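Gentamicin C1:Aminoglycoside N(3)-acetyltransferase III complex.
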Amino acid sequence: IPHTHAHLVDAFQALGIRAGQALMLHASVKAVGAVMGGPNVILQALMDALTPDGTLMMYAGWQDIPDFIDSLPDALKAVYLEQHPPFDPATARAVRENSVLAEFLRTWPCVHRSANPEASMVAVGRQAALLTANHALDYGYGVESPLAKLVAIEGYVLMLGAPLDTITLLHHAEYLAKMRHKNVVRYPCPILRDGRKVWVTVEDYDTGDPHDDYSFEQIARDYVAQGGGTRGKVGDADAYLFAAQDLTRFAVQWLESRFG
Amino acid sequence: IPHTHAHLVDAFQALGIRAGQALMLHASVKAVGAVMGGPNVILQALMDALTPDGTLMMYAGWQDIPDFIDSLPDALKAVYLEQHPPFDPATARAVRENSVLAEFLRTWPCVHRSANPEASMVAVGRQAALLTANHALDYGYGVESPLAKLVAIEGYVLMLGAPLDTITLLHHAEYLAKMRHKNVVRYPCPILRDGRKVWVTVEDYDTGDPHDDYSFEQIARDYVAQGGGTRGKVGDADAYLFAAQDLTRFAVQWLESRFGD
Amino acid sequence: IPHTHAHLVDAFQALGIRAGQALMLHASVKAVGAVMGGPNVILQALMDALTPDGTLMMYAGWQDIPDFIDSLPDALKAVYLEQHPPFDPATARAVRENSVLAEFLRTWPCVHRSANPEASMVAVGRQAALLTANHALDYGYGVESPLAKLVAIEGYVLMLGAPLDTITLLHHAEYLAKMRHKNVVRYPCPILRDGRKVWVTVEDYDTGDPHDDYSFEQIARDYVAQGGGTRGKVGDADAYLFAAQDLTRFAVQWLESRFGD
Amino acid sequence: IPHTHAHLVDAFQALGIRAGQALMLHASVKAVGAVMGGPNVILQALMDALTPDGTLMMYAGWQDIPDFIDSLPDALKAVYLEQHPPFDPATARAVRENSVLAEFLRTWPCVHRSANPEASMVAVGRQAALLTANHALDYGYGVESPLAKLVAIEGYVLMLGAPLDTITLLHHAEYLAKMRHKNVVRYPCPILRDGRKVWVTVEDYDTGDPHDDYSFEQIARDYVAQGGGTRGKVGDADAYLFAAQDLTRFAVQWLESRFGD
Ligand SMILES: CC(C)(COP(=O)(O)OP(=O)(O)OC[C@H]1O[C@@H](n2cnc3c(N)ncnc32)[C@H](O)[C@@H]1OP(=O)(O)O)[C@@H](O)C(=O)NCCC(=O)NCCS
Ligand SMILES: CC(C)(COP(=O)(O)OP(=O)(O)OC[C@H]1O[C@@H](n2cnc3c(N)ncnc32)[C@H](O)[C@@H]1OP(=O)(O)O)[C@@H](O)C(=O)NCCC(=O)NCCS
Ligand SMILES: CC(C)(COP(=O)(O)OP(=O)(O)OC[C@H]1O[C@@H](n2cnc3c(N)ncnc32)[C@H](O)[C@@H]1OP(=O)(O)O)[C@@H](O)C(=O)NCCC(=O)NCCS
Ligand SMILES: CC(C)(COP(=O)(O)OP(=O)(O)OC[C@H]1O[C@@H](n2cnc3c(N)ncnc32)[C@H](O)[C@@H]1OP(=O)(O)O)[C@@H](O)C(=O)NCCC(=O)NCCS
Ligand SMILES: CN[C@@H]1[C@@H](O)[C@@H](O[C@@H]2[C@@H](O)[C@H](O[C@H]3O[C@H]([C@@H](C)NC)CC[C@H]3N)[C@@H](N)C[C@H]2N)OC[C@]1(C)O
Ligand SMILES: CN[C@@H]1[C@@H](O)[C@@H](O[C@@H]2[C@@H](O)[C@H](O[C@H]3O[C@H]([C@@H](C)NC)CC[C@H]3N)[C@@H](N)C[C@H]2N)OC[C@]1(C)O
Ligand SMILES: CN[C@@H]1[C@@H](O)[C@@H](O[C@@H]2[C@@H](O)[C@H](O[C@H]3O[C@H]([C@@H](C)NC)CC[C@H]3N)[C@@H](N)C[C@H]2N)OC[C@]1(C)O
Ligand SMILES: CN[C@@H]1[C@@H](O)[C@@H](O[C@@H]2[C@@H](O)[C@H](O[C@H]3O[C@H]([C@@H](C)NC)CC[C@H]3N)[C@@H](N)C[C@H]2N)OC[C@]1(C)O
């Protein structure tokens, strides 16, 4: 029997999902196993556990972001500058490796989407506009980000069969932590400004590689080992539920003690 | 018989105030009528309806801002440049005509205050720091303002016995609207920079008069007439509750249809 | 006896016109008096004094720009939107009040014309393409204007029997000057885009009236009184020759000292 | 015994330097040998050969540009962002490796300086304002640069005992050439905006290393070998005089023939 909407709602509640929470989801559809109605039901069951007074957010990004054009031959780069479409939040597809669930949520009714193309977040619920508002283009995991706001309202992160290395919130901890050196990247990106395409330069800390000798899975496993978070099964998937404030505090101290 | 805290909470909730909302208040204490405990209880009852997870914001400004000194004779202007105190957010009193409630909220525990002297906003609650942060000195009702942020996080405006022409949010609608004519002003203002008094020039759209043949009362009454917002009684006061996003959208379209491209 | 080409060249050189200069001209044909060969000879004599390594520029504008249509009733405005021709730089006639000499220069061999319809400049000579390039539609007397470039390359302004209140360069001084009050306008204009007529909205500082209590004649006469420029006769005309950089610097200071920060 | 002004003027003239030319100089003071009056006389002799109708330009840059701060520990970078002064064209010292002569010319009477900090050019003479005007911050050796204008006005480049690898004009040829790949750099820089320090991001082609398997000395040697330019002695220094137009054309074709796509 495929997992039902009711059984998923109940499993989310048993894990500790409560009405009114703000929750960021990382997921693997395959890890959950067959669901009666497909991945829509995962999202709807989670929303139902949160109720309309809660909020569900996912990292969408932009699957087709042309941030690599400086590596191309000059003639090809010029074609990209002329012909590549800009980031349009109405149509820009979510990064496939962020789970199809992120693309499902991006196209959900009443969804709100943040403006930073590379770091774009999507959310549905009471605080969806708040979480996604005024997402700065530079340092998209920093102070002016949905991650900062998730911490401020004491939200949560749910890992639903997703590897612990994929906790996007830890990029916000990297931003906050006083470390000896962080790598800064500057890359071009087309956006919409006054309804017209404009290429801008985006500045950020490197999010493709760590700034020192560490991994996100290492931080998260250390957090779990010292009693952090709650663990349970949802469908066939191993699930972890973390408080964003405590995990961020732990991760900053973890990074500063080792690399500060 | 003075209105009680409990009855004000009930009246706010009946109007549509809910836990977690971000709310900008315009008020008249006299319109509410006698409250048991005074105007403090109006603020506390509203904060209780919003809960600590909600936010209450008011326009404080600066009662003593010397933005008029260019109109004075040179000798008097010289004294102002030498002797007028700078905007200190810890002490700068709220504009009296913004209601004594704005000054009451400005001095409330855990308050946050925005840095733009003329346009300074004060807020208490979960999003108080967010709303008041990085308030640019130029164009204080524009893109880098608490009003823009209130719209972005889909907050609300509550008129508590206040006239409809006192909706400060409509100055943000003026900023957004593409209009045939706008007045731009530059005026001096003393501020604190690294703990020292410095005189800077602030540039803004004129907020002392409309940019064309309209009034804020016209826009607000037209909004209400077409079903915008909710109306109800709080104490003795007529109250209006507006969604900031919907009101701003309406006002921008209202201005652009009459004076736009 | 009409003034000859040779005598006009000599008069221009005596005034201080030199080979290689970039020169913006304001003129009255009547003030110069009868010229042997007509106004063509005024332009050719000036170009000869400048040599091909110099540049001559005039403000052409567009005599038929329909920037007033927002004031019309909707039915009449609709006809203008459908039927009024767009700004075509090949055919758009210069503003008649800018002197027929501006229209003469607009249709001169090897002329370059800037793209801003209301503020369009025409130029012939070594720096004609440079001066007229990339003239932005918004703020046509501002940073992206031929007037800004004339200042930047330290060109000159020649008043050839033209009243001192017609110095278009002073609109660039207004743009630069930090003043207590500025009027910003938006107006419609049809242009060519990919060979098709398109209506756009242009934003600019108001150039129909000053932004404060001053006149262009007032500024220029003050400049002359303190030793600015050189004066002389060209034909029958009173002539003034100003350095664009020094006049702009003076005018910005003049405006800011009276209406500035 | 030390070289005199009169002999240096003649030596420059013998090379082909003529009245009215626009000339960019690269130099080694040591290569010229002892001059009666010091390096000032090198500059003055060159200006005299060019006459006041000519123009002399050098690449000054900024000796203290902090374009390296991303390589520093984060705590040190924060100090630079707070404490490092901005590029002030009045005081920013020329890059020492650009010759002390560039710093001498930067502080010469009637000098003009372009606004791009890393690529800043200084010039004295009739077209000094033109050459240094509107120098874009991004792609400072490209279309909106003093090198583009030097080509447009048919200027010249003089190597005065300077290595052929130091021909800055060839960075403009790199910009123009359709090459298979060019390296783009983006770096921070403090500048002045409204009299205040502001950190901006500057984008440019890498000028610290070639974009492919070539050197500027290689290009220049090939140019000389096929008859380009003139060569002679000025003091003790080997000198080369190149036409900017022809050298740029040659260098673009050279780069596209070997490294184009
Ligand atoms: C990479 C990762 C997503 C892969 O997990 P996955 O379960 O294999 O992939 P998804 O979650 O996208 O689900 C894919 C399945 O959805 C199924 N599915 C059901 N209905 C579908 C529909 N209408 N359309 C598309 N797919 C559908 C498909 O069967 C698909 O499997 P298939 O394409 O192999 O046939 C996962 O390991 C992971 O890392 N998740 C966390 C990702 C994250 O949050 N990253 C943040 C940035 S580090
Ligand atoms: C102008 C306006 C404030 C006048 O309304 P009001 O009720 O008369 O004035 P206030 O709201 O400031 O309340 C004043 C009353 O508070 C009472 N009060 C109670 N406790 C008080 C205390 N400790 N200290 C001072 N006053 C106190 C006083 O009785 C005072 O009345 P009084 O001074 O005449 O004796 C109102 O009409 C209005 O426009 N409100 C909206 C204002 C706004 O938000 N403007 C935004 C910019 S357009
Ligand atoms: C308004 C102003 C141009 C009037 O001066 P003016 O000498 O009477 O007018 P013009 O310079 O255009 O010369 C007109 C004369 O050129 C003569 N002319 C000679 N050949 C001509 C020809 N082929 N075609 C048309 N006119 C010719 C005509 O006699 C004509 O006079 P007329 O039409 O009355 O018969 C002058 O006072 C002025 O202000 N000049 C500065 C304008 C300016 O630069 N403004 C900038 C924007 S503020
Ligand atoms: C690097 C290079 C400048 C070195 O040449 P150089 O002759 O040794 O150095 P300079 O031209 O700066 O002249 C320095 C000499 O000026 C002399 N001098 C005379 N008066 C002087 C004065 N008031 N102040 C300072 N130096 C003075 C000094 O003797 C000094 O030598 P010293 O400091 O060792 O005692 C030269 O090889 C070169 O490359 N020139 C071209 C540079 C260029 O244009 N680069 C463009 C960017 S690639
Ligand atoms: C497409 N351009 C990407 C850019 O978007 C950027 O995306 C990173 C993205 O690469 C990064 O994912 C990394 O982390 C994932 C997880 C296993 N942590 C190691 C797997 C993919 C791996 N690249 C995300 N955690 C954060 C996201 N901002 O990374 C650098 C880049 C290659 O230029
Ligand atoms: C007593 N008659 C009042 C009338 O004065 C009226 O005055 C205030 C009026 O005083 C107030 O104006 C102030 O605000 C203007 C602007 C500069 N605020 C930033 C400039 C004038 C300044 N006095 C308006 N913003 C709001 C308006 N309601 O209020 C209602 C009323 C009952 O009609
Ligand atoms: C008021 N005195 C008149 C006047 O018409 C005057 O004409 C023009 C005057 O007409 C002209 O203004 C016209 O042009 C303005 C607009 C077309 N751009 C500036 C709007 C007002 C309009 N009258 C001014 N820019 C310059 C002025 N010299 O000439 C002197 C005179 C004939 O005595
Ligand atoms: C201070 N930052 C510099 C930057 O300004 C920039 O400097 C280059 C500079 O590196 C380059 O000069 C190099 O080539 C010359 C070499 C061939 N000597 C004969 C002079 C010394 C050497 N620095 C100049 N031709 C152009 C100049 N823009 O690039 C390198 C850099 C390290 O990022």
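The sequence lines are taken in order and lettered A, B, and onward as chains. We're sticking with the PDB entry numbering for chain A, so the shown stretch reads 6-265, in order. The PDB entry numbering applies to chain B: residues 6-266, in that order. Chain C uses the PDB entry numbers throughout; the residues present, in order, are 6-266. Sequence positions for chain D are given in the PDB entry numbering; the residues included correspond to 6-266, in order. In each ligand, atom 1 is the first atom listed, and ligand 1 is the first ligand listed. Header entry for method reads X-ray crystallography, 1.6 Å.
- Within this structure, gentamicin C1 can be identified as ligands 5, 6, 7 and 8.
- Other chains in heavy-atom range of gentamicin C1 (ligand 5) (under 4.0 Å): A.
- Only the side chain of A:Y146 comes within contact range of gentamicin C1 (ligand 5), with a heavy atom under 4.0 Å; no backbone atom does.
- If you look at A:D170 next to gentamicin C1 (ligand 5), the close heavy atoms, those under 4.0 Å, come from the backbone and the side chain alike.
- Interface of A:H176 with gentamicin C1 (ligand 5), defined as ligand atoms under 4.0 Å from a residue heavy atom, comprises 24 (C), 25 (N), 26 (C).
- Residue-level proximity to gentamicin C1 (ligand 5) for A:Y64 is carried by the side chain, the only part with a heavy atom below 4.0 angstrom.
- For the ligand labelled gentamicin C1 (ligand 5), residue A:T173 lies outside the 4.0 Å heavy-atom shell.
- Annotation for gentamicin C1 (ligand 5): atoms under 4.0 Å from non-hydrogen atoms of A:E123 are 4 (C), 5 (O), 6 (C), 7 (O), 8 (C), 27 (C), 28 (N).
- For gentamicin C1 (ligand 5), the polar-atom distance check against A:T212 finds a nitrogen or oxygen pair separated by under 3.5 Å.
- The binding site of gentamicin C1 (ligand 5), defined by non-hydrogen atoms within 4.0 Å, is formed by A:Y64, A:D72, A:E123, A:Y146, A:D170, A:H176, A:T212, A:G213.
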